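Report on one structure; see the data block that follows.
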Amino acid sequence: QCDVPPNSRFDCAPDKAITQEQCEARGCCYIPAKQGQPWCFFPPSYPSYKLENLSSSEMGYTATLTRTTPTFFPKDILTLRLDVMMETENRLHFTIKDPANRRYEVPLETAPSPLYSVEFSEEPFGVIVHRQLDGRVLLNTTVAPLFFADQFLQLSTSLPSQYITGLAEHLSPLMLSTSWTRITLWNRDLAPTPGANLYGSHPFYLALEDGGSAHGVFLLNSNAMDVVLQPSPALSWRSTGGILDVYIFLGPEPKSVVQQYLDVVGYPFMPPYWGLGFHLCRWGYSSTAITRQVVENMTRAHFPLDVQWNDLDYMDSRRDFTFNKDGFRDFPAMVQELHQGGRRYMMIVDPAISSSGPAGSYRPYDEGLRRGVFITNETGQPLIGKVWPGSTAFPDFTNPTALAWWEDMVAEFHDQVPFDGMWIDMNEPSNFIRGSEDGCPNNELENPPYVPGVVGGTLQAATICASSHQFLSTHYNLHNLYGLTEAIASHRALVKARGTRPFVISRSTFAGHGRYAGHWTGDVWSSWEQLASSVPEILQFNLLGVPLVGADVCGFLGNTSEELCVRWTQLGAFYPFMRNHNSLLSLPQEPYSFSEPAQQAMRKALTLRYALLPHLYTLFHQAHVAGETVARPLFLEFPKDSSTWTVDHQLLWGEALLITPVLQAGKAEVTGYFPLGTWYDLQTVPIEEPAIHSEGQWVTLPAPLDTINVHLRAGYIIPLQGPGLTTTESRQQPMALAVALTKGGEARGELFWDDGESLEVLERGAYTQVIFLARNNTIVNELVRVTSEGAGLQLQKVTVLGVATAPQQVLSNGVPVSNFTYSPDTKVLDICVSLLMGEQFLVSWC
Ligand SMILES: *[C@@H]1O[C@H](CO)[C@@H](O[C@@H]2O[C@H](CO)[C@@H](O[C@@H]3O[C@H](CO)[C@@H](O)[C@H](O[C@H]4O[C@H](CO)[C@@H](O)[C@H](O)[C@@H]4O)[C@@H]3O)[C@H](O)[C@H]2NC(C)=O)[C@H](O)[C@H]1NC(C)=O
Ligand SMILES: *[C@@H]1O[C@H](CO)[C@@H](O[C@@H]2O[C@H](CO)[C@@H](O[C@@H]3O[C@H](CO)[C@@H](O)[C@H](O)[C@@H]3O)[C@H](O)[C@H]2NC(C)=O)[C@H](O)[C@H]1NC(C)=O
Ligand SMILES: *[C@@H]1O[C@H](CO[C@@H]2O[C@@H](C)[C@@H](O)[C@@H](O)[C@@H]2O)[C@@H](O[C@@H]2O[C@H](CO)[C@@H](O)[C@H](O)[C@H]2NC(C)=O)[C@H](O)[C@H]1NC(C)=O
Ligand SMILES: *[C@@H]1O[C@H](CO[C@@H]2O[C@@H](C)[C@@H](O)[C@@H](O)[C@@H]2O)[C@@H](O[C@@H]2O[C@H](CO)[C@@H](O)[C@H](O)[C@H]2NC(C)=O)[C@H](O)[C@H]1NC(C)=O
Ligand SMILES: *[C@@H]1O[C@H](CO)[C@@H](O[C@@H]2O[C@H](CO)[C@@H](O)[C@H](O)[C@H]2NC(C)=O)[C@H](O)[C@H]1NC(C)=O
Ligand SMILES: OC[C@H]1NC[C@H](O)[C@@H](O)[C@@H]1O
Ligand SMILES: [Cl-]
Ligand SMILES: [Cl-]
Ligand SMILES: [Cl-]
Ligand SMILES: [Cl-]
Ligand SMILES: [Cl-]
Ligand SMILES: [Cl-]
């Protein structure tokens, strides 16, 4: 009975230190580790739930689950209902609920055979999910007891391999460690460091299977939770409330698993085109004069900049929806001037609203009070905490009235200063004191029977009381949604205020966040370590459907070095959201603040990103319509190559662009994995060893300080556009194609183009979509949709990679071209043309 292999021992004392006598008294097994692995663990006979009265419907199955012997937690729910819904051929969904009481549930909008089968174990109860094609066991919850008590749910399963990713937000490799790892989801203001619960919580994992298939599991639960991985391999979800609401996505391809998950939580929002330009911010641009100098200094040194930002500096006494009348006296004019020059403007907004001002002197508070928009305490008054302005109340973004008040405050402020989006910070919600000015009461919500492994050892640490009252429920249940709900409210407020696509960047997030907003990784240090860690983290958020993500370029905390900021600017130009931001006391790190050689390297990075923007935009369109990733790990694209599975210091843009950054000081080369195929050096494409032929292998590449390695996959065509210091300017330039031929002379690509900012483009059909095809020494376009928005897009240059012999002639629509060049050393054919993306063309060579 207690002969259980070390790796398959499930912890029977997750709640407290326990003795042998206590362990045995719980009906558990005690065997000390020989050197984490639990000493007290469940025998196979440990009391669980029993399945009874299983029956079948057109939807799937239902059953009753009965527990006969209490667990060691209080308030077991002894009778539960199981509902199994076979929703699509790829998506299985099950719930375990209390049929006698509605429990808190996370608010969320809703040959022929499924890819899965489902079977059940009777006693102990478990759900077993097989992949039909190959019989692989994906889920098996029979491996450990089911616990379902009022403030403790535990459901375990075997995992199909040692390879699992997800469960943000944490500073870790992309592939998680199964060595007795405890992963805590409880949104928390803490600078990213390993082993800690950070700003967001996403209870989703993707698990790889031998051979390259995969599946995903989403537990729709917003309570504080630990997820415990052990090396058998196996996983335990351990939540402090709610219900078990479980989705399994069958893939089989990892990219399909992601798309299937996003079908449930929502596809990424389409950003405005300008949102993909460079953003520049710091805490400490303390006047409009200083802030204007940033744009002047960037422009004078030919650095592109689309969006100027301010941090707290603009506010009056650090309060939302104000600006001070000293340094920021002419804030409205500064923002109007930015617009006049073709740029946008972003500023920080915090959730907490100053509560200490004289009554009638501060409308956001006074109106909020009147309308009842704030989270309240035991006696029904606003919970008062401490943040930047001093004493503050906290908006309740589950209250419809608070949504309307937030819309009003944003619209009214926008009438004074026409900002183009919102940077929403401190929205965990972050509290400078514990719980509230008045502490928190003593009850089961503040002092629950199981506290997950949160920093500080309490749910109140750095945040508000858990038993505080919100419209939908207590904060205990809703905490992990605070940021998300604020992002939803801000998205709507911005739609209404501006009438064009919203641009929201948020610190705190929950599953489904990407449908409304983007994210940045928070207070990362200016260190080589954090530069390298940013790659897995950006990739992780793309797997979670938040493709508009990045880290603060050159780092936020501490002082960057020139070498670090070159390498960080190089890699960060491939963050889908690219912003350089800096803390109050740090040395300056704007691109123009460095030496000439460093400036040149930074300028090159920005120039290439701007050249790539039509392609990046199209990748975002694919994310938005099809649930694709924008930045993706090599394993998502080449999952049948098992050597890609642990690679997270390289990244792909889409299917075709491989970026291999230097991430260490003092390096002049880099070793990266190249999947099977031909990879062309993108430096061989004129922007205003030529080819790696890989069998699937590691390659060491020259990488001097001035360089980042970027390779284009054979078989693909990338649209490019001419230069500008803003997207307003760049969007008017002539376009180009980079055509990467296979050995057989084949390539394919696409362009999506719309006006860059309007709402409801796809629904109204107000966009142009063109496909490009290379075949048999010709290049053509295919006009999928041509509208007024794609009119007059001028194609003036076509660059072909992998042309093995010099051509004797090159034709564009049947006429010999004005001029072309061919380099026998690089196999590159560069062709000058006068064509239009929206009109059928044929280019050929022989
Ligand atoms: C729910 O939130 C509300 C706020 O929305 C919160 O109200 C706060 O209550 C405390 C008392 O519990 C108030 O503090 C008092 O303020 C007055 C004057 O400003 C003082 O005279 C009081 O002093 C007493 O307590 C001292 C202890 O150090 C004694 O030394 C002294 O002799 C007095 O007996 C006391 O500081 C506080 O001002 C309000 N906040 C606001 C904004 O009005 C309420 O407590 C919350 N409810 C729960 C259950 O937490
Ligand atoms: C899902 O997980 C459950 C629990 O781990 C698995 O069921 C267990 O399977 C083991 C090994 O096959 C069983 O132990 C064996 O029992 C037989 C018969 O007594 C004996 O001949 C062996 O010596 C061994 O002890 C165990 O009884 C069984 N547990 C339960 C509760 O049924 C199960 O196989 C997994 N399911 C799938 C499809 O992988
Ligand atoms: C499992 O179900 C039986 C029978 O349930 C009946 O048939 C179902 C299809 C549905 O129509 C139910 O409403 C019916 O009651 C349960 O056993 C019955 O229990 C009731 C009340 O305790 C009793 O009056 C009946 O005589 C019982 N009938 C039989 C055939 O035993 C049983 O309790 C269910 N088990 C669990 C764990 O819930
Ligand atoms: C980040 O650097 C600041 C400033 O550093 C100074 O100026 C630089 C140009 C360079 O010459 C440095 O060597 C200088 O020290 C540091 O802030 C200074 O801290 C020291 C001692 O802690 C203090 O005496 C100075 O007055 C500070 N100067 C300023 C301008 O604030 C800061 O400590 C560095 N930050 C970290 C985290 O190391
Ligand atoms: C923009 O650039 C100007 C010029 O490079 C900076 O102004 C200089 O600031 C230094 C302080 O380090 C002074 O010693 C110089 O006298 C200034 N020169 C000139 C010509 O004004 C300015 O600091 C930069 N502003 C920002 C926001 O980066
Ligand atoms: O607003 C001040 C400070 N708060 C915390 C944010 O993470 C950081 O970016 C910002 O500069
Ligand atoms: Cl002991
Ligand atoms: Cl509730
Ligand atoms: Cl553990
Ligand atoms: Cl399959
Ligand atoms: Cl390898
Ligand atoms: Cl032409």
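Numbering of chain A is taken from the PDB entry, so the residues present carry the numbers 81-115, 123-197, 204-781, 795-952, in order. Both counts, for ligands and for their atoms, begin at 1 and track the order of listing. Note: hydrogens, waters and symmetry copies are ignored here, and every other heavy atom, side chains too, is used.
Located at ligand 6, the drug is listed as 1-deoxynojirimycin. By contact count, the main macromolecule holding 1-deoxynojirimycin here is known in UniProt as 76 kDa lysosomal alpha-glucosidase. The residue-level binding site of 1-deoxynojirimycin (heavy-atom cut-off 4.0 Å) is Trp376, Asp404, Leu405, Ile441, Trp516, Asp518, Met519, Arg600, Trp613, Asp616, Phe649, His674.
In summary, the atoms of 1-deoxynojirimycin found under 4.0 Å from a heavy atom of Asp518, numbered by their order in the structure, are 1 (O), 3 (C), 4 (N), 5 (C), 6 (C), 7 (O), 10 (C).
Annotation for 1-deoxynojirimycin: atoms under 4.0 Å from non-hydrogen atoms of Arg600 are 5 (C), 6 (C), 7 (O).
Residue contact check: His674 has heavy atoms under 4.0 Å from atoms 8 (C), 9 (O), 10 (C), 11 (O) of 1-deoxynojirimycin. Residues of chain A that UniProt annotates as binding substrate and that have a non-hydrogen atom under 4.0 Å from 1-deoxynojirimycin: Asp404, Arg600, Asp616, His674. Those atoms of 1-deoxynojirimycin with a heavy atom of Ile441 less than 4.0 angstrom away are 1 (O).
Protein heavy atom nearest atom 7 (O) of 1-deoxynojirimycin, with residue, atom name and distance: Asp616 OD1, 2.7 Å. Close approach of 1-deoxynojirimycin to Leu405 is summarised as follows: ligand atoms under 4.0 Å from at least one heavy atom of the residue are 1 (O), 2 (C). Closest UniProt active-site residue, chain A versus 1-deoxynojirimycin, heavy-atom distance to 1 Å: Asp518, 3 Å. Per-residue contacts place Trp516 under 4.0 angstrom from the following atoms of 1-deoxynojirimycin (heavy atoms of the residue considered): 9 (O). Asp404 OD1, 3.4 Å is the protein heavy atom nearest to atom 2 (C) of 1-deoxynojirimycin.
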